[PDB]
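Bound state: Cytotoxic T-lymphocyte protein 4 + ipilimumab.
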Amino acid sequence: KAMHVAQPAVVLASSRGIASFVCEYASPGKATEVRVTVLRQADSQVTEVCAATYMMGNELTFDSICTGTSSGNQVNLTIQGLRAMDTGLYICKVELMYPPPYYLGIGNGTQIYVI
Amino acid sequence: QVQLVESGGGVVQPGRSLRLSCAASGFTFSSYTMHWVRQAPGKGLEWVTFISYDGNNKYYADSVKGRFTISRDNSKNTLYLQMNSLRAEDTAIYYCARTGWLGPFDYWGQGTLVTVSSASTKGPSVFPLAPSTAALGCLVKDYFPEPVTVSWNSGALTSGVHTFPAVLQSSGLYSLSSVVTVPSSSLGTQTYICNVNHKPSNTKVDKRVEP
Amino acid sequence: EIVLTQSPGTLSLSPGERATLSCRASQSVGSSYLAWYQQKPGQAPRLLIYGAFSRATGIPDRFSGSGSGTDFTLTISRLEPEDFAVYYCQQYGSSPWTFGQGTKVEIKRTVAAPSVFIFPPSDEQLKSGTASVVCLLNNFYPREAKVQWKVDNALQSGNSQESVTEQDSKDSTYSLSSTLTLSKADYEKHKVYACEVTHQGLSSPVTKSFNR
């Protein structure tokens, strides 16, 4: 009925420095072109982590830093290379590009802790 | 510093076409989606059109659908609005705007005026509004297009001057008035001259106003 | 389409006072998708607030946003001189992007009656074949004013146009210019040309007039 984005409150990055989380969205209709962007929020200054465009049922391909798999309205994201400085809030942004209407969805953010 | 510089505005006859450009600097252009927004004189903001990062998705307001086309050239850091089949009611200031990564329109160009009209570019006829504390002025009538500027005594007289917004007459030409209140005592002692500059027709007119 | 309705149309407040502006949406807008913009005359809009609550970079902390669902509020805790301007809300969560119709925040000052002047057509203009009669309402407050034109004591309709200045930078008043346009032949059919002005600062409407 309106756009919603859900993502976990907190995830622990592995010792391998890889963190995974599911980002799922709800839409009034059924989009067929979706663009997913991972943003990093740090004191109102936001940077792009990765982004990918995605036809549903056609697999989600980005790289170098993010991999992703798709399943219905869910996107399983994996972020690799996390060191020490990257602990922070990672926002899932989902743009439903086609068919109209366009929808923008901004998640609440996942606090990724890296050790 | 983020910068959006527009060009291409001007006068265009109904039914014709016109292209606006917005040149972007100070950020990675291809990383942002962009819009055009317009504002008819004295009215509010109306979203016109949206274009995605690489131009693969374009959205339009209903009032311009099938007539306007948005495009972008990411190697030239430039956004375009191609307007076809233009109508009088498309007359407006047109702004380009950048979409922030969190959704709002965080930077705007300074806008360019598009006037859709079949009228001919004409300098104004300047008639005096003679005095008779006193008020006097200049009626700047039957010019096209906007804008005109009015000064008094070549800029030496600024206090108590009101230059009113022009009105668009049914003939398609604009008319404005500029008035000033001065001491009654100075009538006959000081001369009052209004200096009208109609930059679109490259016309300058000085009119002396007498009692 | 998500219609946004702002209120009030105009807020009249003194400098230093608190301003509260409302934006109501015809259907739910996620708080993450509501922005406020400021616009001064002759300038492009400027982003003030986004995500309903978050200030854009460099926006001073006297500006704050609140609300959710269909009901949003912009607060300016103390009006500074540069804050007098038009404010637009916007939803940016789905197409078409839509804006409220704007709220003008205006300087309140004491009531001031207009000084009214009437100008007959100039001789030059008459020689050119048309006649413009001008009525000037100078330096009044508040903005609401009514000009009626009378020709030989008959009320005129559809043959006049009006224009109003922005609030004066020094005394916060408005001025209004109204032009009655007649053809020369029609101008010369009548004798008394009158401008009747109604305004809150006048105990009764004032008529300025002349005879050809």
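Each chain gets a letter, A, B and so on, in the order the sequences are listed, and its residues count up from 1.
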Chains or ligands belonging to ipilimumab: chains B and C
UniProt domain of chain A with most contacts to ipilimumab: Ig-like V-type
Most heavy-atom pairs under 4.5 Å with chain A - chain of ipilimumab: chain B
Residues of chain A within 4.5 Å of ipilimumab (heavy atoms): A:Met3, A:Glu33, A:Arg35, A:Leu39, A:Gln41, A:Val46, A:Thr47, A:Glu48, A:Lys93, A:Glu95, A:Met97, A:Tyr98, A:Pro99, A:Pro100, A:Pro101, A:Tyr102, A:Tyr103, A:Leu104, A:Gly105, A:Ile106
